[PDB]
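Heading - (S)-(-)-nicotine complexed with Neuronal acetylcholine receptor subunit alpha-7
Letters go in sequence order (proteins before strands), and every chain restarts at 1. Header says: electron microscopy, 3.4 Å. As a basis for the values below, the full set of heavy atoms in this structure was taken, side chains included, without hydrogen atoms, waters or symmetry mates. Read the numbers this way: they start at 1 and go in the same order the structure lists the ligands and their atoms.
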Amino acid sequence: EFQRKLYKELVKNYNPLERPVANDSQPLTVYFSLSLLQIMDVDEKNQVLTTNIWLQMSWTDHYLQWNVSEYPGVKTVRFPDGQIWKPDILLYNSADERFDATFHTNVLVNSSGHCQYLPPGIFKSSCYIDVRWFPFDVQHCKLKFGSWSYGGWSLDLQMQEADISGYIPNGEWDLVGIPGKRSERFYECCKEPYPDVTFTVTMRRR
Amino acid sequence: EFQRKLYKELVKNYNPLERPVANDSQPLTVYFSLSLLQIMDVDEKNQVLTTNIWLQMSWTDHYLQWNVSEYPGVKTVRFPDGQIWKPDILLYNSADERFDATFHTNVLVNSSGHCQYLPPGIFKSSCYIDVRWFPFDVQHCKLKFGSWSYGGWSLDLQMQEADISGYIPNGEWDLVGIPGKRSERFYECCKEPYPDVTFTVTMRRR
Amino acid sequence: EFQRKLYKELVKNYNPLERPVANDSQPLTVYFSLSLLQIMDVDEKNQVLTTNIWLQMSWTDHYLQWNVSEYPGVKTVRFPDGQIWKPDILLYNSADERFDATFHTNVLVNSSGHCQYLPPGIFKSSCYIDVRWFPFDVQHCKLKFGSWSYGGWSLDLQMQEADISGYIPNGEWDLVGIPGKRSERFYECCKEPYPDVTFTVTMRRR
Amino acid sequence: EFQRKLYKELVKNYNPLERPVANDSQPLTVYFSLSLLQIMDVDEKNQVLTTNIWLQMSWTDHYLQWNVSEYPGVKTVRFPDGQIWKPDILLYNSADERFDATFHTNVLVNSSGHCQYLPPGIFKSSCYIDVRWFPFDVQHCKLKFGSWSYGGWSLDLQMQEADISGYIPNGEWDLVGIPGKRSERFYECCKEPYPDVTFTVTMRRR
Amino acid sequence: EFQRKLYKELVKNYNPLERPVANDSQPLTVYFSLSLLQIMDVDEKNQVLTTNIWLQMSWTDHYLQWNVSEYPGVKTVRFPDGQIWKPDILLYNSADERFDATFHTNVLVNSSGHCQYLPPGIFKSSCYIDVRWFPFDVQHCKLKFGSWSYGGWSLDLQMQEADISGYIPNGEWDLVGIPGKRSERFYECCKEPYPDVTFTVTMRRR
Amino acid sequence: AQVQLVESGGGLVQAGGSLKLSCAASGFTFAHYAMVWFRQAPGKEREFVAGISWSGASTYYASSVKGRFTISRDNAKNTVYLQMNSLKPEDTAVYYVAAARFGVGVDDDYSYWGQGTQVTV
Amino acid sequence: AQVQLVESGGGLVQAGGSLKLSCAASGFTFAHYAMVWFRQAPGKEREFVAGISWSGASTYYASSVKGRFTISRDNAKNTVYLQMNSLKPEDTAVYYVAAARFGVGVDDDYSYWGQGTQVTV
Amino acid sequence: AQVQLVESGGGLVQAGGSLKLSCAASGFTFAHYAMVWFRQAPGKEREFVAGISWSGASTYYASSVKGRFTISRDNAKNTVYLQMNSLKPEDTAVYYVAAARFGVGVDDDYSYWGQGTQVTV
Amino acid sequence: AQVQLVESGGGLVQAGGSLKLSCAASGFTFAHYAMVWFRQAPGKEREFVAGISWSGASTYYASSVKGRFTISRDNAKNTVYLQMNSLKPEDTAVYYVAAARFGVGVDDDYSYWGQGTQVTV
Amino acid sequence: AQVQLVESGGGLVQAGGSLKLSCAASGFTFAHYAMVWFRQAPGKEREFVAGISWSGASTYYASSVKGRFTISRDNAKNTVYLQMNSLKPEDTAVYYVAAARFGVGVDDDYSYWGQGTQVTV
Ligand SMILES: *[C@@H]1O[C@H](CO)[C@@H](O[C@@H]2O[C@H](CO)[C@@H](O)[C@H](O)[C@H]2NC(C)=O)[C@H](O)[C@H]1NC(C)=O
Ligand SMILES: *[C@@H]1O[C@H](CO)[C@@H](O[C@@H]2O[C@H](CO)[C@@H](O)[C@H](O)[C@H]2NC(C)=O)[C@H](O)[C@H]1NC(C)=O
Ligand SMILES: *[C@@H]1O[C@H](CO)[C@@H](O[C@@H]2O[C@H](CO)[C@@H](O)[C@H](O)[C@H]2NC(C)=O)[C@H](O)[C@H]1NC(C)=O
Ligand SMILES: *[C@@H]1O[C@H](CO)[C@@H](O[C@@H]2O[C@H](CO)[C@@H](O)[C@H](O)[C@H]2NC(C)=O)[C@H](O)[C@H]1NC(C)=O
Ligand SMILES: *[C@@H]1O[C@H](CO)[C@@H](O[C@@H]2O[C@H](CO)[C@@H](O)[C@H](O)[C@H]2NC(C)=O)[C@H](O)[C@H]1NC(C)=O
Ligand SMILES: *[C@@H]1O[C@H](CO)[C@@H](O)[C@H](O)[C@H]1NC(C)=O
Ligand SMILES: *[C@@H]1O[C@H](CO)[C@@H](O)[C@H](O)[C@H]1NC(C)=O
Ligand SMILES: *[C@@H]1O[C@H](CO)[C@@H](O)[C@H](O)[C@H]1NC(C)=O
Ligand SMILES: *[C@@H]1O[C@H](CO)[C@@H](O)[C@H](O)[C@H]1NC(C)=O
Ligand SMILES: *[C@@H]1O[C@H](CO)[C@@H](O)[C@H](O)[C@H]1NC(C)=O
Ligand SMILES: *[C@@H]1O[C@H](CO)[C@@H](O)[C@H](O)[C@H]1NC(C)=O
Ligand SMILES: *[C@@H]1O[C@H](CO)[C@@H](O)[C@H](O)[C@H]1NC(C)=O
Ligand SMILES: *[C@@H]1O[C@H](CO)[C@@H](O)[C@H](O)[C@H]1NC(C)=O
Ligand SMILES: *[C@@H]1O[C@H](CO)[C@@H](O)[C@H](O)[C@H]1NC(C)=O
Ligand SMILES: *[C@@H]1O[C@H](CO)[C@@H](O)[C@H](O)[C@H]1NC(C)=O
Ligand SMILES: CN1CCC[C@H]1c1cccnc1
Ligand SMILES: CN1CCC[C@H]1c1cccnc1
Ligand SMILES: CN1CCC[C@H]1c1cccnc1
Ligand SMILES: CN1CCC[C@H]1c1cccnc1
Ligand SMILES: CN1CCC[C@H]1c1cccnc1
């Protein structure tokens with residue numbers, strides 16, 4: 001069949017360590033957006049917020065294009081982890097002993113190389129809970145995502161609005177919003193700007 | 001002997017990344033059914049339900065057929081994880097730090113390619129315990145299973161009735177039923193419907 | 001030396017996925033026996049029993065025979081995990097988040113292929129603690145071992161009496177016995193009987 | 001493109017087990033400096049201090065040089081773990097069950113082989129908390145970093161001043177300083193001196 | 001350079017599965033000794049003792065010899081785990097859920113094949129705490145080390161005196177001694193004696 | 001045993017003739033294999049001459065044969081056919097078949113080889 | 001099928017002439033492949049003659065051809081060209097093309113081979 | 001040492017005769033190996049001639065030998081036999097045995113090779 | 001491109017003469033490569049003739065050349081030299097250079113090959 | 001450098017004579033290597049002639065030499081010896097030694113090869 005030819009052909013000359021860009025002097029464009037599912041817990045003795053999230057990263061490969069008229073029937077291909085270049089996007093402020101709680105899944109590609117990656121996770125961020133208005137409070141918590149190695153001139157991260165559409169209402173805390181913002185910062189280690197995306201969850205006490 | 005010839009022949013031209021379907025423009029059919037064994041715990045301060053389960057998935061490969069008259073004696077072959085295509089079926093609403101508690105085991109195949117996969121697990125779902133009728137309550141908890149990457153036009157999941165036949169009665173909570181239902185949903189990320197199977201455990205307080 | 005020739009010769013034509021039996025239409029014979037070392041804890045709020053155990057499995061390979069008169073000096077060979085066929089024997093009723101707490105070690109073989117495998121572990125079974133005679137009780141706990149994939153017509157498990165000879169007496173609970181029994185059960189998934197071995201620990205309160 | 005030629009050329013004759021030095025009778029020079037981000041917790045019943053840290057080490061390879069006029073566009077290359085030699089720098093006094101909580105990331109190299117490695121981590125050190133002046137105390141905690149195998153005549157570690165610039169102030173404890181000092185000690189196991197770098201966090205109670 | 005030739009030459013014909021002995025009818029000699037660093041905790045409700053130890057085992061390979069006059073500059077080589085034969089020495093009485101808490105590191109070989117292995121670990125032993133003299137007690141805890149598979153006629157373990165020289169005094173419990181003793185025991189599984197080394201920590205309450 | 005592939009239809013013919021080389025198979029399930037025709041000259045190496053996938057319609061011919069030769073298969077009689085037309089004085093070599101487990105016809109890992117045949121022009 | 005590469009422009013010429021060997025391609029996306037020219041003598045093995053990357057400007061020639069031959073490609077007509085100038089008596093062998101997925105032109109993993117052609121000096 | 005395989009029974013015979021090529025073995029456990037007969041012509045390469053698995057009944061012959069020659073083994077005397085009947089003028093080459101650890105007779109990883117023998121028709 | 005190695009100094013000389021084979025390099029960093037000289041006879045295979053590591057002092061010669069030939073390198077002019085003395089009638093073959101990334105001179109993974117040269121005795 | 005193996009003792013002798021082929025070694029620790037003798041005919045490939053393990057007593061000979069030739073080693077003088085007796089007309093070829101790190105004598109991964117020698121009968 002043709003699905004067995006496609007997989008043998010797409011990986012002829014592929015180096016998982018190379019940025020899949022046509023002109024190697026231009027930055028790739030990754031699209032980032034998270035999707036909340038539930039506010040599992042908000043600890044106050046410590047300062048930690050546990051949530052269920054689905055990350056959404058979308059880029060455009062250039063070495064995984066074929067012709068659906070030559071390979072009839074096949075219109076998408078799924079690549080496991082470790083065989084295709086994937087962005088290294090981490091959570092800067094995390095309180096998990098492992099520092100990374102994402103559960104790796106397959107990367108989905110279509111006839112034009114537009115790759116999609118939606119890892120689920122149970123993320124334990126680090127927030128600041130204020131109880132100076134114990135009866136009523138509008139707490140704001142931050143989630144800061146960004147690329148660790150690639151940054152600036154290489155991987156121009158872009159933000160997409162969050163998707164609160166499967167949210168399951170919590171008991172004590174109620175959501176008020178989850179705005180997002182994109183920033184560019186300079187660090188002491190290197191001399192090239194690094195972008196980042198910050199999402200601000202607003203939970204009001206009931 | 002013939003088992004050593006069979007294992008050397010069955011993996012001549014095999015790509016673990018390929019959907020084992022004859023006509024690549026038709027959807028494969030997977031059969032899903034869980035088997036409960038015990039309701040280990042039902043937390044109420046948090047909202048979590050811990051159970052012991054055996055998943056049961058059955059598909060039909062097409063590249064693992066032989067003739068028992070040519071290979072006498074051999075009527076079944078067992079393949080480990082990472083050498084045969086296996087469906088990626090996850091539990092959507094999980095409260096485990098790893099998000100996947102299944103213990104991978106072998107896949108069993110017979111002379112016609114009918115594969116069987118029964119991973120055991122101790123699953124920690126997320127339920128909603130209501131205590132407005134503390135003396136008597138009929139709590140309903142949900143378990144939602146579905147494919148992560150494959151969905152619609154590719155993997156037509158089907159449901160089979162649960163199997164409460166080795167259940168060990170609990171102390172405080174008693175079972176009343178575990179019905180199942182199959183649904184098809186549209187998500188914002190893609191444009192193709194995704195199926196899912198939901199099992200509703202009904203636990204009444206004693 | 002000869003120990004370097006033996007290891008290069010024994011693995012010439014070996015497939016670790018093959019049941020090492022001479023006549024592939026007959027069942028292999030495995031010998032199972034556990035060895036207790038200490039009753040580490042007996043939880044009562046929950047229902048769990050933590051113990052320190054050494055499993056003992058013994059089969060007879062057929063592809064690892066040599067002649068000690070041709071390879072002088074070498075009388076035993078030790079194979080790590082993943083290079084020699086090992087039975088998949090699990091604990092059916094386990095309360096550990098991983099479902100398998102055995103620490104894999106080497107498999108020991110002698111000049112006739114009689115393999116020995118003694119994995120140690122700290123097992124957390126699931127028991128039923130009755131406190132209706134709180135002052136005095138004779139609690140019985142069960143440990144059920146069996147093969148997951150291989151069973152019936154393939155792997156005829158056999159039992160050997162437990163070995164309580166290094167037991168370190170506990171403080172509150174005192175042992176009275178650890179009898180064993182072998183049973184042959186039919187499951188709904190398949191149509192071929194599966195054997196199993198059950199050990200009953202009897203702990204009396206002090 | 002040229003990014004695919006560079007990755008295929010740089011790893012022609014590379015042995016990840018070899019010290020990347022020109023004259024093998026001279027010591028390599030590694031540069032070490034940590035960056036604090038938050039004092040997550042200071043336990044007193046036990047003696048443990050949990051912090052969020054970014055290690056910073058920077059050596060200079062000699063086998064990863066190219067010419068940006070011959071490989072236009074490519075000015076940096078990122079190598080995963082397991083393909084380029086990385087120093088083994090551990091925390092001598094750790095209280096974590098794994099003894100190493102660093103999250104491995106890529107190593108960044110530029111046109112002259114100057115490598116950079118900045119692993120993040122949530123480190124659990126071991127401190128001595130004195131409460132003889134409960135209202136006011138100036139507790140000092142020590143973090144000792146050093147190479148395990150390489151030491152003396154091989155890897156001349158050097159220290160760089162800590163970087164408290166993204167510090168997020170804590171609630172109860174306030175920072176006063178984090179000085180560093182380099183020492184050279186003799187151990188009983190070997191006869192060659194081993195260097196180490198010690199950082200002293202000075203937390204005063206509020 | 002010569003460090004690359006040495007690494008390419010030392011592994012020409014090496015089988016990590018073979019005992020590095022010249023005459024395969026004689027036992028290898030391993031030297032064992034532990035080094036304490038701190039008594040982290042002594043639980044009394046349970047029976048567990050947590051310590052910070054450095055193991056020290058030394059053998060003499062026979063296949064890793066070279067001539068420093070032919071390979072000038074190179075006087076030591078470090079091999080990671082999985083490429084050189086290392087003794088399998090475990091702690092018989094452990095209370096850790098994994099049964100092995102050692103953190104594997106490199107093996108350091110010199111111009112004559114004398115290897116050294118010093119894995120650090122946070123070991124959770126199992127003790128018997130007696131409180132019949134609560135004001136003053138001299139508790140004794142045992143740590144039993146030995147080889148799992150190799151024993152007798154193959155690996156003649158030998159003991160070296162412990163090294164309490166970096167000990168950091170504890171608060172409540174004060175050390176009095178850590179004697180060691182070597183014993184040879186017969187087990188029921190096999191018929192060849194197995195050696196072991198037992199260290200007795202003496203902790204007196206303050 | 002009994003995994004036998006037998007070719008037939010060889011011989012000698014003048015330039016611009018016809019041939020109907022055939023190959024019967026036995027001993028294995030003929031519906032799970034993709035036959036490929038190979039040609040070897042007395043003083044050269046193996047070369048592709050055609051190929052058909054197991055499904056039935058995946059014919060892949062060679063560049064110097066694209067317009068002349070035609071490959072076909074018959075699952076009912078367990079046979080393969082290579083009709084040869086407009087033969088040239090260069091098409092002189094031994095032709096033999098090679099099967100392979102489920103495959104496309106293009107390069108695979110062949111399992112069962114066949115016997116040689118002689119064709120001269 | 002239909003992945004066909006056809007060569008043309010061969011023949012015989014005296015020392016110090018000219019040639020315009022060309023190769024047309026069909027059946028595959030011509031803009032995702034880097035053609036390489038190979039030359040084989042009657043009593044020798046394959047040897048490089050030129051190479052061009054898929055991007056368009058990566059020409060790599062051989063040491064003994066560096067100054068004489070010139071390679072070029074045309075994506076609009078799906079063709080490759082190897083202009084040969086100042087031919088010398090030892091440049092007699094079969095020239096054929098070989099494609100390869102996204103690559104530089106230097107050694108790679110070739111996928112689609114071509115047909116032979118005869119050039120004599 | 002002493003792992004020696006010795007052939008015997010070679011010679012010359014006219015077309016349509018008989019032969020009883022034999023091979024004795026020593027130095028290794030003869031009951032844990034599957035002998036395979038190989039034939040090499042003066043101007044060709046190695047080719048299968050028969051094969052028997054260690055169990056005793058797995059005989060696999062070649063396509064062009066299927067009906068003429070018969071292979072057998074004797075564990076009591078540590079010998080292998082290849083009865084040859086109806087010899088043709090093509091069966092002229094050196095025949096030698098090759099053992100292999102527990103195997104089927106079909107392609108394996110051979111360990112102990114044997115000595116050559118001459119058979120002419 | 002422009003990664004070119006050009007040899008020179010070939011010719012013919014009677015037994016017991018002298019030669020100064022040289023090889024210039026261009027296109028790559030000459031200080032990160034170890035040149036190795038290879039010799040191929042008309043009816044034989046490649047063979048070592050000498051080798052020098054990138055550092056500057058690692059000369060490894062062959063057993064049959066140990067005392068006659070001497071290898072040297074010049075990083076300032078990007079050249080390698082192989083002085084040949086007391087040539088014998090058996091030293092007739094094509095000599096060419098081969099570079100390799102950081103290496104010792106002994107067997108390695110060569111990257112850039114050179115052009116042939118003819119020396120006759 | 002200086003890892004040199006030098007052969008000696010070649011020549012010509014009538015059928016049924018004697019020979020004492022010897023091979024001296026230098027440049028490496030001779031007590032950590034197992035020498036193996038290889039023989040190559042003018043129109044054939046390499047073949048085993050003998051082998052001795054590093055320990056001192058592991059001599060493995062070939063089937064066609066088992067009874068005639070005898071291999072030995074001397075660690076004090078860094079030499080190997082292959083006494084040849086009852087030479088026969090087909091024992092004409094180049095004999096050379098090959099070392100290998102700690103090994104048995106049977107197939108290993110050889111490191112240092114030797115020089116050729118001529119023996120004619
Ligand atoms: C494959 O995916 C791409 C990306 O979604 C599709 O191309 C267009 O992508 C843009 C976003 O960059 C969408 O806004 C368009 O709607 C997409 N075109 C559509 C949906 O027709 C592309 O169409 C998909 N399929 C193929 C065969 O290319
Ligand atoms: C191998 O398994 C298949 C699947 O169970 C058997 O084929 C039939 O499968 C259907 C379900 O799709 C069952 O309802 C039938 O009972 C099965 N046939 C039987 C049990 O005879 C098949 O028979 C099994 N064995 C072989 C040799 O094919
Ligand atoms: C290798 O182990 C086997 C198995 O123990 C020994 O063979 C006999 O095995 C039975 C159990 O099936 C024991 O009851 C016998 O005592 C064993 N024979 C003995 C101990 O002599 C065998 O002897 C062992 N060694 C060799 C060289 O075969
Ligand atoms: C690559 O990185 C090195 C190291 O940073 C740069 O070389 C100099 O390194 C020293 C530290 O050892 C700095 O103080 C200098 O500022 C660096 N030179 C600069 C920044 O020009 C080197 O320049 C970097 N880039 C290249 C192409 O070499
Ligand atoms: C390599 O290590 C060995 C082992 O330490 C050194 O050889 C001697 O080993 C004994 C212990 O078995 C020590 O008591 C001696 O002091 C060691 N000799 C010394 C230190 O000179 C050996 O010297 C070390 N180095 C070399 C080049 O062999
Ligand atoms: C790549 O981009 C550069 C500048 O952006 C341009 O000069 C060049 O032509 C582009 N294409 C290449 C380098 O192949
Ligand atoms: C895909 O193939 C068809 C037929 O071979 C062709 O007409 C079409 O142009 C190809 N696609 C593109 C983008 O050229
Ligand atoms: C596969 O299915 C399609 C439509 O369902 C049909 O046209 C075709 O003939 C089938 N077989 C193939 C494509 O081999
Ligand atoms: C299996 O083999 C036997 C004998 O070779 C044959 O009769 C039978 O038809 C084969 N099976 C099928 C499904 O054809
Ligand atoms: C294997 O066992 C079967 C029945 O148990 C018997 O008929 C056969 O002869 C035995 N040996 C084989 C199949 O080689
Ligand atoms: C082992 O070898 C010796 C000598 O080669 C032989 O006498 C003995 O029979 C062999 N073992 C068996 C079981 O035959
Ligand atoms: C390396 O250093 C030594 C002494 O430090 C010196 O003699 C030598 O020339 C240097 N270079 C080498 C060894 O290549
Ligand atoms: C890099 O290449 C350019 C052009 O090839 C050359 O001029 C320059 O010298 C090279 N770099 C170095 C350090 O020589
Ligand atoms: C090895 O030791 C045995 C006895 O200890 C001895 O007989 C033999 O000669 C030694 N050397 C060997 C076996 O090569
Ligand atoms: C090491 O090499 C030197 C010079 O090659 C030599 O003199 C010395 O003997 C060698 N070492 C040993 C132990 O022989
Ligand atoms: C971009 N990262 C964010 C903080 C560290 C920095 C970095 C820079 C270079 C290599 N790794 C990490
Ligand atoms: C919404 N989908 C189903 C769950 C995961 C998600 C998805 C979609 C496409 C590719 N990967 C994941
Ligand atoms: C009921 N069986 C025994 C326990 C697991 C289960 C099973 C059956 C077939 C294949 N895998 C698992
Ligand atoms: C330098 N290290 C510090 C403590 C252990 C010591 C060491 C020495 C040699 C090999 N491994 C570790
Ligand atoms: C020393 N080991 C642990 C206890 C038994 C013994 C053993 C024997 C055989 C195989 N594994 C382990």
Do you know where to find (S)-(-)-nicotine in this model, all copies counted? ligands 16, 17, 18, 19 and 20
Return the other chains, by letter, having a non-hydrogen atom closer than 4.0 Å to (S)-(-)-nicotine (ligand 20). C, E
